[PDB]
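Asoprisnil:Progesterone receptor complex.
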Amino acid sequence: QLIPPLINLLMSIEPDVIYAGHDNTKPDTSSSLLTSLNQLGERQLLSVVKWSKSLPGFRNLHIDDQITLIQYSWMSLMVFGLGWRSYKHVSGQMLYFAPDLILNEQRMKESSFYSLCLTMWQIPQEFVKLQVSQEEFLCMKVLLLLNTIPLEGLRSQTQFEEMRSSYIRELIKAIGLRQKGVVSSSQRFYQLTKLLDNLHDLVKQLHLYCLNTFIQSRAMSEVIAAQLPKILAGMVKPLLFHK
Amino acid sequence: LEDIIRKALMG
Ligand SMILES: COC[C@]1(OC)CC[C@H]2[C@@H]3CCC4=CC(=O)CCC4=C3[C@@H](c3ccc(/C=N/O)cc3)C[C@@]21C
């Protein structure tokens, strides 16, 4: 009678803490950090796929849509979770990848990818500024999974639009928990959805950085042909809340 | 990853 049932179910299906399995007793090296991010990255993906299987409405979508949605949004889901952990565990002052893989300013600058750390750091800073709540976060994260579809749409297009509409209504309830006023709660909805709309740009920055990091690992045209649709505009269809 | 996000869903 305080928190909505669906927001509480989201919190309960929230995956457990995931470790990177990184050894912090040894001096960092460009490769050991990249090796750990990839290990942690793969674990979190299995975690996302699993989390989705308990998401009301997801499994009812055609299996091909489930795959597509995960493919299109795993990067945004992960960078969003990164922001959330950074925001709550360390006041958005550092990047909290995992309990055993935290990078503060110094460690960022001296990590092989400092410019990528600042880009991702943007999300936690916003959280701090907006003082995002847990209920708001959970609803926002579901929307990220439902923020990009194929230019031709999905097989379960109607079912998909109805699922997304519910979580949009749920986000408003979450906002209503603290933002009582009609104009205020209306204003926060704008701030939170505007933020989500902004992730479309930041996300391709990350896919691009991912690909380049890969190019440098081995020193090919086919690998670059399947990555461009994740870093380039005009191949998928982002669902923006604001024109 | 399409193969990974696929073997995971059907488990
Ligand atoms: C140095 O960076 C290399 C990256 O790319 C080289 C480009 C961006 C990274 C991801 C950023 C978001 C993220 C959030 C987390 O919670 C931890 C892991 C993580 C990233 C990393 C990552 C590695 C593997 C995978 C999935 N594997 O199946 C997902 C994420 C590394 C990249 C992609």
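Lettering of chains follows the sequences in order, A, B, ..., and the numbering in each one begins at 1. One-based numbering, in listed order, for ligands and for the atoms of each. Note: hydrogens, waters and symmetry copies are ignored here, and every other heavy atom, side chains too, is used. Heads up, header says this was done by X-ray crystallography, 2.6 Å.
The heavy-atom neighbours of asoprisnil at a 4.0 Å cut-off, by chain: A, B. The shortest contact between atom 10 (C) of asoprisnil and any protein heavy atom is with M75(A) SD, 4.1 Å. Protein heavy atom nearest atom 30 (C) of asoprisnil, with residue, atom name and distance: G41(A) CA, 3.7 Å. In chain A, asoprisnil lies within 4.0 Å of these UniProt progesterone-binding residues, judged by heavy atoms: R85(A). The protein heavy-atom contact nearest to atom 2 (O) of asoprisnil is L116(A) CD2, 3.2 Å. Between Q44(A) and asoprisnil, an N or O atom pair is found at a separation short of 3.5 Å. For asoprisnil, the atoms lying closer than 4.0 Å to a non-hydrogen atom of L34(A) are 1 (C).
Most residues of chain A touching asoprisnil map to the UniProt domain NR LBD. Close contacts between asoprisnil and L40(A) involve ligand atoms 17 (C) [criterion: under 4.0 Å to a heavy atom]. When hydrogens are left out, the protein atom nearest atom 20 (C) of asoprisnil is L37(A) O, 4.8 Å; that is the closest non-hydrogen contact. Of all the heavy atoms of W74(A), the ones lying under 4.0 Å from any atom of asoprisnil belong exclusively to the side chain.
The option from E42(A), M78(A), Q216(A), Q39(A) that lies nearest to atom 13 (C) of asoprisnil, judged by heavy atoms, is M78(A). The PDB entry names chain B NCoR. Nearest protein neighbour of atom 28 (O) of asoprisnil, counting heavy atoms only, is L1(B) CD2, 3.2 Å.
With a heavy-atom cut-off of 4.0 Å, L45(A) touches asoprisnil through its side chain alone. Within the 4.0 Å heavy-atom shell around asoprisnil one finds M120(A). The side chain of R85(A), and not its backbone, has at least one atom closer than 4.0 Å to an atom of asoprisnil (non-hydrogen atoms only; side chain from C-beta on). With respect to atom 23 (C) of asoprisnil, the closest heavy atom belonging to the protein is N38(A) OD1, 3.3 Å.
Applying a cut-off of 4.0 Å to heavy atoms, one finds the binding site of asoprisnil to be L34(A), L37(A), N38(A), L40(A), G41(A), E42(A), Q44(A), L45(A), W74(A), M75(A), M78(A), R85(A), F97(A), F113(A), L116(A), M120(A), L206(A), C210(A), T213(A), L1(B).
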